[PDB]
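Model: HIV-1 Reverse Transcriptase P66 subunit / ligand nevirapine.
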Amino acid sequence: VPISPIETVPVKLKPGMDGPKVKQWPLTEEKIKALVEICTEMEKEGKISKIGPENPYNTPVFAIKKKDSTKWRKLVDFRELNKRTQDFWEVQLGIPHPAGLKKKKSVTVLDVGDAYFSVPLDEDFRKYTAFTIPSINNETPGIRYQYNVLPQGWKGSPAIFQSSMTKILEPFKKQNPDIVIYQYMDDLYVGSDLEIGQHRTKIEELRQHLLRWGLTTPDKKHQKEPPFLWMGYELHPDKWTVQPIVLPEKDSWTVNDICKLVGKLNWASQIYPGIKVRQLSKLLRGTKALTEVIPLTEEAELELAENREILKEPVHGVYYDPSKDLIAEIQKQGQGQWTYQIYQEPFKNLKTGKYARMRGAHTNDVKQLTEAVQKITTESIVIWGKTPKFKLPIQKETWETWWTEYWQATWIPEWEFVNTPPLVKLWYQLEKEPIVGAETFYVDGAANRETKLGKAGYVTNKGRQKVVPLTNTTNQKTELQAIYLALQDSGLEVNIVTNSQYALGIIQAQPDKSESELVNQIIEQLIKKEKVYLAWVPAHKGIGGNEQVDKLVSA
Amino acid sequence: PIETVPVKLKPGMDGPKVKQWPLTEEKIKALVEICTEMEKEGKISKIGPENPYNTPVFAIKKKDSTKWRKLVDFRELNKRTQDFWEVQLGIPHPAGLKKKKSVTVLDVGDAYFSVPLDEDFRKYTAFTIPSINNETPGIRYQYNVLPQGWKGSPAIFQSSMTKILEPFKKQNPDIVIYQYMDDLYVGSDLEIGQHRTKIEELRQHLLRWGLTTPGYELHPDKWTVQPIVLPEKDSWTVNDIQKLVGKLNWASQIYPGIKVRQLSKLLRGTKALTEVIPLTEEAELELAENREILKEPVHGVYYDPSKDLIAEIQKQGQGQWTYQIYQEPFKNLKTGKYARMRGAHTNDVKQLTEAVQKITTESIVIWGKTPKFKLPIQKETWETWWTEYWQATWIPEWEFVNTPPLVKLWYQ
DNA sequence: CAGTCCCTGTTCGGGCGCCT
DNA sequence: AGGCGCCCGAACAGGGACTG
Ligand SMILES: Cc1ccnc2c1NC(=O)c1cccnc1N2C1CC1
C-alpha cells in the first residue's frame, strides 16, 4: 500500500482508443546514466510502480533545455500517448499585465517544489504510462514501470495541477479575503496591506495550509529579492518595468536583423512612449529569404534613431488605483501611426502603446483614429475591466461631421478634445446638392478585357470634351481615371456625373490616403477644390450626357 | 426525484468549445454574486479541467430594470442540439398573435430551473466566469437544471407549460399565447386596463405553480410597413430627374412594371445638373403610372417555413434606420423604418442594437423565428460594444456588412 | 443563365518579441 | 508544444459589371 494526498481528477481517453507502443529515439549518452538510479528513488516516495504482464505500452524521449541551471532537468516523450488522450479545457487564458495590478505594501513569492510530482494521478488512468530509455550505451534490452502522479510532458499536467492548486487555496482565501494570491505555473505570488512583519505571519501560516496537502515551500523564497523577474518584467510593490532591452547596433543588416529589431521595439512600446516601427517594417516587404541582405533607408534610420533616444533614459510604470479614473490620450504620429498613454496621475503612466495598422485600401484619419480607440478600449477592458476616458486630437465638430455622415455605424466612447497638434481633420467634403453655375462634367471610361487597352474621358454642358487613350488598364481604373480628368479640367466648383458605382463608393467615404496612386491623385485634386458635387446614374439607360461620353469611350 | 428527458447532440458534432470574451468588472461582479446563489441552490456546480467545453456568458439589465440578469450565449450549443427541437416537437405558431391589439412579453425563464437535466448532456453547458486582468483563473460551472436560453429548455418544459396554462386558456379562450425560449408572449384585443389585469391573472397562475416573473406591451395591430415613395416635386432639375430614374431603375427589380423610358428621354443632351427641365406628359403619365405600381403588393412574396429569415439594416442619418426582412432577394416579407430610438443623435451602436432587438421581436411575433442580420458596422466595433446596450434574453445570428449607399434608397 | 475578371476585405500561416 | 502581441503575404469569400 501507498497513501493518498489530494483530491483526484477523472480522466478518460479519446473514445475508442488505447495506450501506445513505440520504438526509442536518440538522447544524449552522458545524462542518461543518471536516471537508471533515479527511478529507484521514486519507488520509495510513492511516484512509481511496475507490472510485467499488463502493459502493452512503450514511449521514447525528446526534451527541451533551459538556461541558468546548476543541475540538469529530465523529460519524457508521450507524444504518442498525448494524441490519444482526451483534450482538456486549458487553464491559461493568458497572463495578467503588470499595469493591471493594484499596489500592495507587502509582496512575497513562494515556489512549490516537486510541484508536478506532488499531485496524484487518476487511479484508473495510471496504466497508460509505460516507458523505456537507453541505459548508458546499452547492455540488456531494458525494463519498465507505471506513473502514480503527473508526468513531465503529459498533455494533462498543467491543467490538472492548476485546478488542484486553485481548489486547495480556495478555503484559505475565503478566510483571508484581503490577501491576494496569483499562481503562475508552480509559483505563487502573495501580497497584502498589513504590516511588514504581520504579513510574514500569513506567509508561513499559508505555507502551513499548503503543507497540509503535501506541498513543499522552501525558504529560497525572497522578501528581500524583489524586484522579481517574471516573463520579461521587473516588479516592485510600488512600480514595474520591462527588463532591459538591448538594441543591436549592428552594421550588418539581414532581414532577420530588422525582424528581431522590430519585435524588441514593439515589446518596448508598452512602456517607453512614442516608439515608431513604420519604416523599418517596410524593408521587410516581399523578401524571399530570411537570411537576405538589406540596406537601411534614411527614413528607417531616422526612425531607428528617434527610438534609441527614447530608450536612452529608463522609464517605469505605476500600478492601478481603482479609486482614481483611467485616462487614455492619443497622439497622431503621421503616416497612419498612432501612440497612446494610459495614466491616472498626470505624467505617471500605467502603460503606453502604438497603433500602426493600416486597414483597407483607402482610408482616412478619422477611421484610423476610431480604430485605435477600439484597440485601446478592448485592451483596457482586459486589463482594468473598465473603459478609459479618452483625450483625443480631434475637434468635437470634426468628429460630429464624420460619424453622422458615414454610412456605417461608428462610435467613440466618452472623450474630450486635447489640442495637441497635429489635429485630426477631414480634408474635403462633398456637396449634398448640385452646385449652381458650376460646370457639369459627365465622365466615363472603358477598357477592353483582352487588350488591356482603353480610354477615359468626359463631356460637359458647355460643350467641352476630352478623351485620353490609356494602355494596360482595367474597366474600374478608367472610371477613376475619368473623374480624375474632370477634376483637373474643372474650376474650383464642379459637378461630376459618373456611372461607376465602384468609383462613387471610394470617393464618397472621403479617403485621405490610398494604396493607389490614382486615388491619391483624385484626393489631391479633391482637397484643392472649393465645391465638388458627385452624382451617379445607371449605365445604358440613355441618360443625360451619360449616353454620349459612353459612346466616346466605348469607341 | 422525477424523470429526466435524455438529450443528444445531433450526429457528427461536438459540444461547444467557444472562448469567453472579456467582461467589465461591473458584469464580473454581478455574475459572481449571481452564480454563488445558483450554486447554493444547486442549479449549477463547479467543474474541472476534465470538461473541455465552454459557452460564453455575460449579464444584462432588461429595459427599465435595475437588476442584473445572467445571460448565456448558447447559439453554438443551440446549433448542435437543433434536430432535437425542430423535427421532434413542434410549436404551432399562432397566426393571430400578430393581429392582437396588445401583446405582453413575460419572462418565464425562471420556471426552467425546476426540471433536472440529463446527466449526460450537462457537460455541454460549461461556462467560465473570467477575471479582470487574468488574476484568478476562471470560475467554471455546468448546469444541473434546464439552462435559461438553451433551445431544449423551452422544449422539455413544454408539457408542464401547456398544463399550467390550460386553466387560463379555458376561461379565456380568446386570448392568444405563444412561447419562444425564455419568453412568453400573451396577447388579446381587450382594452389595456383589463389586459394589464388579465396578465396579472396570468402572473398568479404561474405564481401558484412555482414560478417568478420580473410597458412590456407590443401593439402588433399597429405595426406599419414602409413603402417606397417617389418625391413630390413642383419643379424638377436634371439632377432630380436623374436621381429619380436611378431609383426607379432599382425599384424595378422588385416591381417589373416600372418603366423609365419617357422619363429618360427628358435627359437627352448634356445639361447642367441644376438646370430646370419641364415634365412632358408622356413622361408625366409614366411617372404617375409608376407611383401606382408602387402602391401594389409584390407577386409571389410569401413566407416559406423551411427557409431562414434575413434582415438588412441601413443607417439613414439623423436617427433614422431602415430595415427589410426577406428570405430571397427582392422579395420582402416586411420593410420598415425606426427613428428617435435611444442613442439618437449621440451613439450609433446603441441605436443599431435597439434596432436589432425591435426587428428580432417583430420577427418572433410574426413568424415565430429570429432573423439573420446583416449589420452595417465593423466587426470589432459591434463586438466591443453590443453587450452594453443589450436588453433581450435571446441572441440573433449576425454578420457584418460594408454596403456604401446606393441601397440607401429605402428612404428618401 | 453561366463563366470571367477585377477589386476589396477577412482570415489564416509564417517570422520575429515575450515566455513557458 | 503551446499562449499573448506585431507586420507581411498569400489564400480565400463575395459583389458587381462585362462577355455572349
Ligand atoms: C508576477 C505577478 C503576477 C500577478 N500578480 C502579482 C505578481 N507579482 C507582483 O510583483 C505583484 C506586484 C504588485 C502587486 N501585486 C503583485 N502580484 C499580486 C499577487 C499580489
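Naming: A, B, ... by sequence-line order, numbering from 1 per chain. We use all heavy atoms of the structure for the numbers below, so side chains are in, but hydrogens, waters and symmetry mates are not. Indexing begins at 1, ligand by ligand and atom by atom, following the structure's order. If you're wondering, the header gives X-ray crystallography, 2.9 Å.
Other chains within heavy-atom reach of nevirapine, distance under 4.0 Å: A. With a non-hydrogen cut-off of 4.0 Å, the residues around nevirapine amount to A:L101, A:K102, A:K104, A:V180, A:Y182, A:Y189, A:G191, A:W230, A:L235, A:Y319. Taxonomically, the PDB assigns the source of chain A to Human immunodeficiency virus type 1 BH10.
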